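In the model that follows, one finds melatonin.
The sequence lines are lettered as chains in the order written, beginning with A. Numbering, chain A: per the PDB entry, residues 1-230 in sequence. Numbering of chain B is taken from the PDB entry, so the residues present carry the numbers 1-230, in order. As the structure lists them, so they are numbered: ligands from 1, and atoms in each ligand from 1. No hydrogens, no waters, no symmetry mates; every other heavy atom, side chains included, goes into these values.
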There are 2 protein chains.
Amino acid sequence: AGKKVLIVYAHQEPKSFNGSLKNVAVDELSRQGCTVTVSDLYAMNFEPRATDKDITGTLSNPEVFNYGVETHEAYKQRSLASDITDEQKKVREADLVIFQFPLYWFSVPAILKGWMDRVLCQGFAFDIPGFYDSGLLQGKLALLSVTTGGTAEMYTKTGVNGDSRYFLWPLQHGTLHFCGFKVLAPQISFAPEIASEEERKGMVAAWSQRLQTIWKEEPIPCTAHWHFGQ
Amino acid sequence: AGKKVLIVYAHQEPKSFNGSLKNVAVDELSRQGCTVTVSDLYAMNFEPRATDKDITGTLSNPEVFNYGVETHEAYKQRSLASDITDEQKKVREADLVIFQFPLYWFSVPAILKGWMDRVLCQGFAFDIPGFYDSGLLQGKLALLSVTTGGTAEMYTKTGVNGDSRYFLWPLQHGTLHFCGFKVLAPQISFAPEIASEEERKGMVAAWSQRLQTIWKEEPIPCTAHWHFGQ
Ligand SMILES: Cc1cc2nc3c(=O)[nH]c(=O)nc-3n(C[C@H](O)[C@H](O)[C@H](O)COP(=O)(O)OP(=O)(O)OC[C@H]3O[C@@H](n4cnc5c(N)ncnc54)[C@H](O)[C@@H]3O)c2cc1C
Ligand SMILES: Cc1cc2nc3c(=O)[nH]c(=O)nc-3n(C[C@H](O)[C@H](O)[C@H](O)COP(=O)(O)OP(=O)(O)OC[C@H]3O[C@@H](n4cnc5c(N)ncnc54)[C@H](O)[C@@H]3O)c2cc1C
Ligand SMILES: COc1ccc2[nH]cc(CCNC(C)=O)c2c1
Ligand SMILES: COc1ccc2[nH]cc(CCNC(C)=O)c2c1
Ligand SMILES: [Zn+2]
Ligand SMILES: [Zn+2]
């Protein structure tokens, strides 16, 4: 309690394992007295494309469109599309942002990549200068709760997919830490489609249990060493 | 006889540096006598979201929607949406697929992430046991031509962003190699926005020149060692 959480959720099916992980997070954080908001991207038909429709005012350079430049100015002028502004309000108010999603091509599903691309604009999430430890979302926590098709064994240094931490780099470091977030350790629920009932129920309960003490956790040192080793 | 190339292009502005790199690739490959096709994703208003609209007719399990299962079965039953099958035909016929895009959050812009999520479905691009070296698109070459906002120095092992090979992992290994592609060395045009006209025309010319001998290149060894090792 005394804390606000935003869950950005990317799964098409409410009855899915991802849906269960999202719901147990809402249930537990709600039980604790926290304020909780969920952005259910597919239900919202969230727009993933970075286009000129994201700026409603006079463009700074109408001859040659540069998304980064135009959205940075639009942010400062308050002429960004309202769907972006609505997400920014949720992020600005949140103390913790949890991303719940199935891994798609070692990354986030495109609808969620679009949320990253359009919501975390210059001026709001970072500035130049004003990134990594000086990012604009400093003071906030972020956590990736991911599900995979591959087993934990396949996601090891000697497994076919390499260690799971490798694919986390662009997301935890390149995006979240870049914007100033401190990153909590990822929650990775491996191969639920293959797992049995005991195992699946076990994974949901492990997440619920972890959430009970989430406010006591320290963030990870989001560095190349943590991700790649040596 | 001859070679066929598909360029999957993701930039909103034809006058952009990315647009110029795409245009010189078309110009040079065409000059060589190659068959060239371009999927200009923003112009096509390409759908990035993975949804149940990607399957036509009736679902294999209309009670609990599973995107991966449904698209695998739709591929086998020739029931995928036409935008997806149109892209699959271009890929099936291509000997080389060049992805041209600006780096967005250490990855591809969401519209291109959506093309990978929706076009590279099970049965078409990979299956059990067709993945990595036995991926279904084996025999085809793939190449990432990326532009960045960050300078080359920032993308060094000890630079703030880490080595560029770190972010290439999910794309080169987790996506392209996984589907069986032999991956040519990436073309990285660092910070064209900061560079001078000469450094610019230079980066373009370097890409045009590389394309002159693209068919003589050998694929990189797509391994954890290549991306992280020393
Ligand atoms: C485009 C695409 C790209 C992909 N790329 C990758 C990749 O790069 N790497 C990778 O490893 N995988 C990849 N995958 C696989 C994907 O990550 C998995 O399919 C996904 O993570 C599984 O999560 P889910 O919620 O969809 O599972 P579900 O299909 O929902 O399976 C979970 C099972 O648990 C049951 N369940 C639900 N809730 C509960 C509950 N409360 N208690 C007990 N059981 C419950 C369900 O009914 C179901 O049978 C990809 C998939 C697609 C479609
Ligand atoms: C959502 C988002 C997220 C991002 N995340 C990242 C990230 O993770 N890491 C990162 O490093 N960067 C990131 N960026 C920055 C992005 O990668 C760069 O802005 C992009 O790569 C620059 O390419 P461009 O084609 O848009 O450049 P342009 O701005 O189009 O640059 C071309 C410039 O060169 C001039 N020019 C002169 N000669 C030529 C010629 N020969 N051909 C063409 N133009 C010429 C043009 O007139 C123009 O001014 C992000 C940007 C956005 C919007
Ligand atoms: C259903 O669609 C997809 C699409 C792209 C994918 N990449 C990887 C996997 C799962 C692979 N796990 C195992 C070992 O079975 C995958 C599934
Ligand atoms: C790493 O993440 C991002 C995200 C959005 C961005 N927009 C622009 C840049 C690059 C700016 N580089 C310099 C040299 O200052 C950028 C980087
Ligand atoms: Zn970091
Ligand atoms: Zn590889």
Which components of the model should be assigned to melatonin? ligands 3 and 4
Write down the name, per the PDB entry, of the macromolecule bound to melatonin (ligand 4) with the most contacts. Ribosyldihydronicotinamide dehydrogenase [quinone]
Which other polymer chains sit within a heavy-atom distance below 4.0 Å of melatonin (ligand 4)? A, B
Nearest protein heavy-atom contact for atom 15 (O) of melatonin (ligand 4): which residue, which atom, what distance? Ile128(A) CG2, 3.2 Å
Deposit source organism, chain A: Homo sapiens
Which of the numbered atoms in melatonin (ligand 4) are under 4.0 angstrom from any heavy atom belonging to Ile194(B)? 14 (C)
Any heavy atom of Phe126(A) sitting closer than 4.0 Å to melatonin (ligand 4)? yes
Protein contact to atom 12 (N) of melatonin (ligand 4) [nearest heavy atom, distance to 0.1 Å]: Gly149(B) O, 3.5 Å
Using a 4.0 Å cut-off to any heavy atom of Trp105(B), which atoms of melatonin (ligand 4) qualify? 2 (O), 4 (C)
Out of curiosity, is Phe131(A) lining melatonin (ligand 4), as in a heavy atom under 4.0 Å away? no
Is at least one protein non-hydrogen atom found at under 4.0 angstrom from atom 8 (C) of melatonin (ligand 4)? no
What residue and heavy atom of the protein are closest to atom 1 (C) of melatonin (ligand 4), and at what distance? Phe178(A) CE1, 3.2 Å
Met154(B) near melatonin (ligand 4), heavy-atom distance under 4.0 Å? yes
